[PDB]
**Q** 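Structure with nevirapine attached for reference.
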Amino acid sequence: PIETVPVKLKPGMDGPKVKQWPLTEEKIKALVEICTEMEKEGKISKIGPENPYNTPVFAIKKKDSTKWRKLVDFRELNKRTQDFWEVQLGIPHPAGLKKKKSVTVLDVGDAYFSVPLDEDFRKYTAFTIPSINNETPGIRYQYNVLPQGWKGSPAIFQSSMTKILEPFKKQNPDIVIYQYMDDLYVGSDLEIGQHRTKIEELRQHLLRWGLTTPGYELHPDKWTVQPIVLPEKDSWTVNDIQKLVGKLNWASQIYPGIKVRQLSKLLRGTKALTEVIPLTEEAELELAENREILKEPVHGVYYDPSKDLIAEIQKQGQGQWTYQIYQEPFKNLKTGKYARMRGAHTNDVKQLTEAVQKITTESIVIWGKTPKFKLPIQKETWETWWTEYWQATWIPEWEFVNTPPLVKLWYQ
Amino acid sequence: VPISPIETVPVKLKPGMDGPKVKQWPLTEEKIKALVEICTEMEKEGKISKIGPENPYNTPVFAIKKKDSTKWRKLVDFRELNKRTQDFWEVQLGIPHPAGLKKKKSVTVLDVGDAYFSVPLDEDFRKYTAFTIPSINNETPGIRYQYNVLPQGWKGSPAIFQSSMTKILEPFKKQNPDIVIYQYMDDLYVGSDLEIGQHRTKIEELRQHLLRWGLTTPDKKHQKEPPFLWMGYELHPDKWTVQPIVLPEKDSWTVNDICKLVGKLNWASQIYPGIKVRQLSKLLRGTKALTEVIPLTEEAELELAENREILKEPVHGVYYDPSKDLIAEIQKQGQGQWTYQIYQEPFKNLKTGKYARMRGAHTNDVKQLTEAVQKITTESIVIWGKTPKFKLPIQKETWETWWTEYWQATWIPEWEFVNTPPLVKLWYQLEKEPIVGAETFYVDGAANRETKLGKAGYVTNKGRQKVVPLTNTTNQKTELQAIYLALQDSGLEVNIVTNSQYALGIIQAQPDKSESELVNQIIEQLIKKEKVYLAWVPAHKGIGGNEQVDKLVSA
RNA sequence: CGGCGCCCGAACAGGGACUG
DNA sequence: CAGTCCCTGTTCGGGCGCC
Ligand SMILES: Cc1ccnc2c1NC(=O)c1cccnc1N2C1CC1
């Protein structure tokens, strides 16, 4: 018996009508035992054909966890409430969160299950638990409490959260606390022992305030940026100068003071690719002036709050992957590289899945926003397994690309 | 007062809308006098009512015909009401595949009578039902009425039926965990691993539970009928098969004959292994009229032949045994056609199938295999909810070379090698580094957009040149064309420098087949070489023999 | 009248390169 | 800077197969 903040699908658009994708029996079982238990708790309840709305659901285990977590893909719903949450209630994003020697992510989403949900909105949380082989029809529910992974859920719980936290925040003013969807980011410059202790302490806070919390540590102060770099060479084959000049031409799409002119003249005749050509000095100086123009920061790159972030991922081989975050071509807010992730040397889709998750995480720690991915993968491939390797409680936005590599040379 | 059978569904209306009013459109004259009476029948059973003032609602009649009936069936058209009624989440999500069924000792089928008329319509929506249709010809102006149950051709009839039915069966199911029911339309199929009599026990005890809600199940019902006939399937508790397929032997071949033919072949392909539709699918390419005349080629007939011999002997699928692993083994059938079998105990198949689909302008066998494996995983999840172990005609080294080199993210799940030629191979590899002491060809091609005219040629470190004039071409084709030249005129090892990003993209993805004859030729030359290193440089940067080439070709 | 499987033909996104 | 083309690559409306 408490109020309910009415919520509306922003103007003109209807509830999500999206199809449930086939699930593995493993996951269908886990969902069945979770929803039947959640029905008993009156968190959710059964629905009829009079509700023509659907959101997809599946299940995951978080990293190093043997427990099945239910996960709803609320992206379409999240878009029409997108306007609800974005225009009505804001969360100021700490620019300092990124500077902490440590940042832990605690999953507080369970708390959202306290609060009731506006009775008029509930028909939009509709989800089907599918059946193997279409043997039964689907088991359909809708949400009674604040549904996990919806953006309205952390929005509406904002007040209550700031409350439950205010003792700790007040007692510990120097610790930074951010909240992104079902996750709460807590970070500090404390030496790691006492950090982990302050995290246990916060766990206690929400534990005694009526919350449960099913490592999470990050190290943002150590996050490195991948600069573009031209090789250091003794002797240059024709082929070396060629790869150099072409790479240099791309880089000059990013950094305009680059000139290929004298190195180009270096390539002048028709010479064997493997012939060793000495570097004229005028070109040698053009090249050195280039390595220089390549250690500076790119003019006019700054984050703009209104624009969406875009992340591009390239597969570099032998377990390495490079990425770039940007809002406008050639102006990159960040570039980076990953290697020896889980799946390295055996499963590309696993590795990429991992990559998309680490990129999203830094994107949230840095701008408090998830990027839109350009994924180097076939559509169908990705849809099939990505559902298998996902350890995150959120789901970025993505589209699929084919780019035979001339941009691959974000790496040696 | 009428009476109240089973829980009702809250059907609403599309906001800001109200019931329809329409004029009649023609329907055959003899049978419709019958419904005037039939309507009075329903009055007494509870399926109809009427009021004079209260209905601003009227609906017409338009129909579709069905074969095989020994008595006539009445009908009404709500199509205007339909368009005006709320949408539902549809209950028929598609059908189970026979190969996905677990083997059941005992399997029966109860057929529900008065199925649609056994379901209460939403109280308040009842109002919207009113309709009118011609007596025999006509005499007096008429009268009208409303529906108290699920009306024919209405959207909620199927959705709400299915759901209500489900709700009823639920307590029976919960009180009977080891029975197994499946609902298709108005038929229920029940099965158990229990003994034959306790099985018929629960069959009546369930006709009880269905009756308690008013659902009538007669005894023309058959335990002595299985195989059950369902959607082209024949189903025995132990084994399933497709219903018998008739392949036309007709001497006269129209493209529509080949069409029906193909459709029959694919449907056969779920069970009879090794079906090839390729050449038959080739006939269908780009035809204006469905009535056109087409002859059968020797290939299409040799295919039709091998297929006729596959269909000759009969065959049956087994069912799934959850205790045992699933196995999917794929064999390359050539001409970018693939077949796979999914079984558990060796030589006993759950099902078979083809993957023939040619994806992309230029492709290769590894890619196509990867695709089939993906298709198959999907099919396996829908049906058995798990991924099979895969048996594939590809060396673990072949594959490792491919997936690890390719620029895209790519994967096959847990799988092992099967030496079952043809084995899938990569027919050439490009070098990762320039080849010492190989001639180096700088290549170019160019064409003029207006005249559609151009030339393709090259220059080398050895002094060797060539320029070939070409007619009716494009910029891309000339750049391919130049690479082709460098291949033909070069020795067993060669470095080729191209400034065509396009051509480089194609060759670098190592195609073994192409729609494009020129690419096919490039491929053939590529396969003949010992070492080929292919490189890219930017145009008009004044590079190398490319500035020199550029002048000669661009001239 | 309707879903699914497939084949066939048309409209939009990415990229290249030319017209001063 | 607009406006032309040439390639490649998914989405949507047209007939068979199964109800
Ligand atoms: C057509 C059909 C569709 C779905 N399931 C069944 C059936 N009917 C069967 O013939 C059947 C046969 C064998 C095992 N299960 C069957 N059953 C399941 C009920 C035990």
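In what follows, chains carry the letters A, B, and so on, assigned in the order in which the sequence lines appear, proteins first and then strands, with residues in each chain numbered from 1. Just so you know, these numbers use all the heavy atoms, side chains as well, and skip hydrogens, waters and symmetry mates. This entry, so its header tells us, was determined using X-ray crystallography, 2.9 Å. Order of appearance sets the numbers: ligands from 1, and atoms from 1 within every ligand.
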**Q** Going by the PDB entry, what is the chain that binds nevirapine with the most atom pairs under 4.5 Å called?
**A**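 Most heavy-atom pairs belong to HIV-1 Reverse Transcriptase, p66 subunit.
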**Q** Using a heavy-atom cut-off of 4.0 Å (strictly under), which other chains touch nevirapine?
**A**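 Those with a heavy atom under 4.0 Å: B.
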**Q** Which residues make up the contact shell of nevirapine at 4.0 Å, heavy atoms only?
**A**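 Using heavy atoms under 4.0 Å, it comprises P96(B), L101(B), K102(B), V107(B), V180(B), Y182(B), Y189(B), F228(B), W230(B), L235(B), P237(B), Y319(B).
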